[PDB]
Q: 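Let me begin by handing over the structure; questions about it come next.
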Amino acid sequence: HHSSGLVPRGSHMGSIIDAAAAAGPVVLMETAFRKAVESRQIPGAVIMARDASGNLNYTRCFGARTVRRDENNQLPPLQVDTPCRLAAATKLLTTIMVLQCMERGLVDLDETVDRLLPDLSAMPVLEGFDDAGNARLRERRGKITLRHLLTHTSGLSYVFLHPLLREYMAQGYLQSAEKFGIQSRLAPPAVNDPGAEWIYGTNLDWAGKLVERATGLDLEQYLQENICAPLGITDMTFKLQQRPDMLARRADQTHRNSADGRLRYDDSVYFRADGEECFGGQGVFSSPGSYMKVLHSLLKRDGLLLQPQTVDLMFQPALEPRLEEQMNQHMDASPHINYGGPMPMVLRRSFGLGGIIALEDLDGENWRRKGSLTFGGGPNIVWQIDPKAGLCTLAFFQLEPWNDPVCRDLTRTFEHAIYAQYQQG
Ligand SMILES: CCC(C)(C)C(=O)O[C@H]1C[C@@H](C)C=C2C=C[C@H](C)[C@H](CC[C@@H](O)C[C@@H](O)CC(=O)O)[C@H]21
């Protein structure tokens, strides 16, 4: 029997083991993250999950925001409020800003870009190269609309992804299209006509210019007034170099070397210069906490950023059958790029406004459902919103290259565990 005036706890090996039940999925998953930090496989990570109701409000932070030791010879922690490089996780923010312009009657999604982006309309299509080493350029067929930009179906690509453009750079055509070591996302030509194929490209850099020109505000000021202010966010900016308080606390980028799998400090150009202009495809710095506030508002359909019916538009498959099948073919054949991060490498998908849409359940009732929206950012950041499950999640790393196996595996383990314990319906 228990001791007088003391709580009856476990008094021997039998009842102490039985004092608490076995470890559930989330506890086991946290141990995997702690082991990855301890064994030096990752620098650190922040993982977050929320439902609409508020009953799920889960945030865990592991490890360091850098591999560089501080003034006290320590590795400072990656925190929920640590300023991080979002890279392509910026695209969701820019998509929201575009849709607000639509709501306010400043733009129409199906109007051609010619009016606000005559500099894009005038850009030719790079068809190939001549034998002497000269670009063969031609006129675009059909018009680019704002909806082509939001769905990556405009004909635009990225220089570091398409072979025609990689050659274009090698020939010296983009020597003068860069400042502070940051290359312009507006200078390079298109590689196809609009509507022809899904191609990942500088579409949101152009869409951000459209927002600036539609509103008469620079994207930074538009961001502050229309996304940050309504959510009470004070640390989300294109202009990190103008915020000494964020600079003093920011993450460093870490890179994993292909040869020995070791983590090294990545002296990224993006952390020493903001660049002259706001690039809505890649340019925002923020904390995981503030990014989750964006995801959560969208999940809740609380009208703080967009009207609920406009948010619903983001989750609708935007691609006609021909493009849907071409995008899926491309993505299935490109696991070395892997736009979908932790998702199964073969999956029926479409593209919405702001990310990839799952057209089927990822694993029946165990994980993300049909209708879920997702994308990511370079440093292994992955976000998703799942209206059917009533969940949104984010996994924030500051580690390149994209599609790192350790990060992807941990991210999958995180989501699986959260869905197993907390998914509803
Ligand atoms: C500039 C990087 C960008 C496009 C904003 C970005 O976040 O896309 C990420 C997001 C992810 C969902 C899909 C991606 C598709 C293709 C790439 C492997 C890309 C990461 C490339 C990056 O590791 C190297 C660049 O940073 C080079 C440069 O900036 O010149 C990666």
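For the single chain, residues carry numbers from 1 onward in sequence order. Every number for a ligand or one of its atoms is a count from 1 in the order of the listing.
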Q: Among simvastatin acid, gemcitabine triphosphate, crizotinib, umifenovir, etrumadenant, which drug or drug candidate sits at ligand 1?
A: simvastatin acid
Q: Out of curiosity, which chain makes more contacts with simvastatin acid than the others? Name from the PDB entry, please.
A: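 It sits in most contact with Transesterase.
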Q: State the binding site of simvastatin acid (non-hydrogen atoms, cut-off 4.0 Å).
A: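 At that heavy-atom cut-off, the residues are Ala87, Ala88, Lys91, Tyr158, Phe160, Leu161, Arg185, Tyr200, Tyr270, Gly281, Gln282, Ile337, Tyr339, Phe375, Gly376, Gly377, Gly378, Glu400, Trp402.
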Q: Indicate yes or no: does an N/O atom of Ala88 lie under 3.5 Å from an N/O atom of simvastatin acid?
A: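 Checking simvastatin acid against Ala88, an N or O pair does fall under 3.5 Å apart.
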Q: Return the UniProt-listed 2-methylbutanoate-binding residues of chain A that have heavy atoms within 4.0 Å of simvastatin acid.
A: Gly378
Q: Starting from atom 29 (O) of simvastatin acid, what is the nearest protein heavy atom, named by residue and atom, and what distance separates them?
A: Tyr270 OH, 2.7 Å
Q: Can you check whether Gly281 has an N/O within less than 3.5 Å of an N/O in simvastatin acid?
A: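 So simvastatin acid has no N or O lying under 3.5 Å from an N or O of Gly281.
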Q: Among the UniProt-annotated monacolin J-binding residues of chain A, which have any heavy atom closer than 4.0 Å to simvastatin acid?
A: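 From UniProt's list, the heavy-atom cut-off leaves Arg185, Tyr200, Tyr270, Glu400, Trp402.
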Q: Within the structure, does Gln282 bring an N/O atom to less than 3.5 angstrom of an N/O atom in simvastatin acid?
A: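 By distance alone, the answer is no.
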Q: I'd like to check whether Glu400 has a polar contact with simvastatin acid, where a contact means an N/O of the residue lying under 3.5 Å from an N/O of the ligand.
A: yes
